[PDB]
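choline-binding protein F in complex with ipratropium.
The chain is numbered in sequence order, starting from 1. Whatever order the structure lists them in is the order used to number ligands and atoms, beginning at 1.
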Amino acid sequence: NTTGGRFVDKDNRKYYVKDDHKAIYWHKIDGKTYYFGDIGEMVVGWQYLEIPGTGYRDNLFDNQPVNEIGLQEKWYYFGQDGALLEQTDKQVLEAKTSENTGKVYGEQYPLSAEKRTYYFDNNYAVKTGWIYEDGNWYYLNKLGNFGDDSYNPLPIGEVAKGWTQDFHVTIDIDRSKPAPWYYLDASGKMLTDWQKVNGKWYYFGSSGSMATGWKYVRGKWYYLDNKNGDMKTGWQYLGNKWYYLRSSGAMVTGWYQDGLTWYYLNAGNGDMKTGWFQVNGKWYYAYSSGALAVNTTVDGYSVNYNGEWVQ
Ligand SMILES: CC(C)[N@+]1(C)[C@@H]2CC[C@H]1C[C@@H](OC(=O)[C@@H](CO)c1ccccc1)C2
Ligand SMILES: CC(C)[N@+]1(C)[C@@H]2CC[C@H]1C[C@@H](OC(=O)[C@@H](CO)c1ccccc1)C2
Ligand SMILES: CC(C)[N@+]1(C)[C@@H]2CC[C@H]1C[C@@H](OC(=O)[C@@H](CO)c1ccccc1)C2
Ligand SMILES: C[N+](C)(C)CCO
Ligand SMILES: C[N+](C)(C)CCO
Ligand SMILES: C[N+](C)(C)CCO
Ligand SMILES: C[N+](C)(C)CCO
Ligand SMILES: C[N+](C)(C)CCO
Ligand SMILES: C[N+](C)(C)CCO
């Protein structure tokens, strides 16, 4: 809603001058939106800026005070004429790189030979987070790359690929909130259910979040690394108890013979039994290793070839 001034070309830059002053920051002029930075140089192309609309970085001129405000920064796209692209859905645009962002009108720079589909929110900023398209979920980076004492916002809004953690993010990551892991394939499609990645199995369920710990899937129990999510197999000591997982990863219950040795996995919980235990009337004795005692004596007690306590 800025009127009364005029655009001016000087020193290879463009400004908007009203009553002798240069427009700074965000301005809505004659049906279009522009951004003039801190000193008035109209911007063009890709820009990572403080969000507009609060009034703290809007309708301002360089002769006015720039009160201190804390505003999140987001990616916006401006035409070569400086007009903000007021997209709220999506649009194919030159990819943003280290060579075509933060430029101002008058500067010379190359146009990305590569175009990409960028998604936008209802306030014309590049969208981040989850998006659903043509039957699949895609994740647009909420964060840029951290270096130690360094941050690059370029990845924000780009389609994520591979292992990706979904943090709660605003200006910074919210460490108190949960951050599930997801896996996006080569085209960015979010994987669901069982998937073998880098030689190991992971379970992403229906929501796509990587499962950890014990997980009940289609009538069977599986154990995924409590931290890394990879499916375990074979004998596993969990919670001070032994469990046997088949090569398929499914937990075994009942009698199980490993080589010549029998073991008994608790009917429901699946934990390996030790000591004397009864099964369908019969009594059996398992050593501390869980191995069933057979054709021998156990503290004055005889047990036959099936480990059954002989009367
Ligand atoms: C390259 C930009 C900064 N312009 C110099 C172009 C397009 C906007 C600005 C000034 C001029 O265009 C306008 O004055 C009209 C065009 O509709 C306009 C200005 C600002 C917002 C919306 C429209 C020519
Ligand atoms: C906790 C899960 C989601 N990981 C972070 C663990 C195990 C899988 C995932 C990523 C990583 O596992 C990997 O195999 C590493 C090896 O460099 C990896 C990271 C990103 C892409 C491919 C492999 C560490
Ligand atoms: C004759 C068998 C079936 N017992 C009754 C004997 C030997 C095993 C079984 C129970 C008991 O032997 C035990 O070791 C005791 C020890 O508390 C036991 C009782 C209940 C379950 C498991 C062991 C006495
Ligand atoms: C959804 N896209 C932008 C991510 C990829 C093309 O299928
Ligand atoms: C993939 N998501 C949209 C489904 C779920 C994360 O909240
Ligand atoms: C975990 N699965 C993919 C490996 C096997 C189901 O039987
Ligand atoms: C495998 N268990 C320990 C997880 C569950 C049985 O109810
Ligand atoms: C894991 N153990 C103690 C259970 C069995 C021998 O392999
Ligand atoms: C150990 N067994 C003989 C007892 C039972 C499995 O069939």
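- All copies of ipratropium taken together correspond to ligands 1, 2 and 3.
- Atom 24 (C) of ipratropium (ligand 2) has its closest protein heavy atom at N228 OD1, 4.5 Å.
- For atom 11 (C) of ipratropium (ligand 2), the nearest protein heavy atom lies 4.0 Å or farther away.
- For atom 14 (O) of ipratropium (ligand 2), the closest non-hydrogen atom of the protein is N198 ND2, 3.5 Å.
- The nearest protein atom to atom 21 (C) of ipratropium (ligand 2), hydrogens excluded, is given as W163 CD1, 3.8 Å; this is a heavy-atom distance.
- Inside a 4.0 Å radius of atom 3 (C) of ipratropium (ligand 2) there is at least one protein heavy atom.
- At least one heavy atom of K227 lies less than 4.0 angstrom from ipratropium (ligand 2).
- Around ipratropium (ligand 2), within 4.0 Å by heavy-atom distance, are found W163, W181, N198, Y202, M210, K227, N228.
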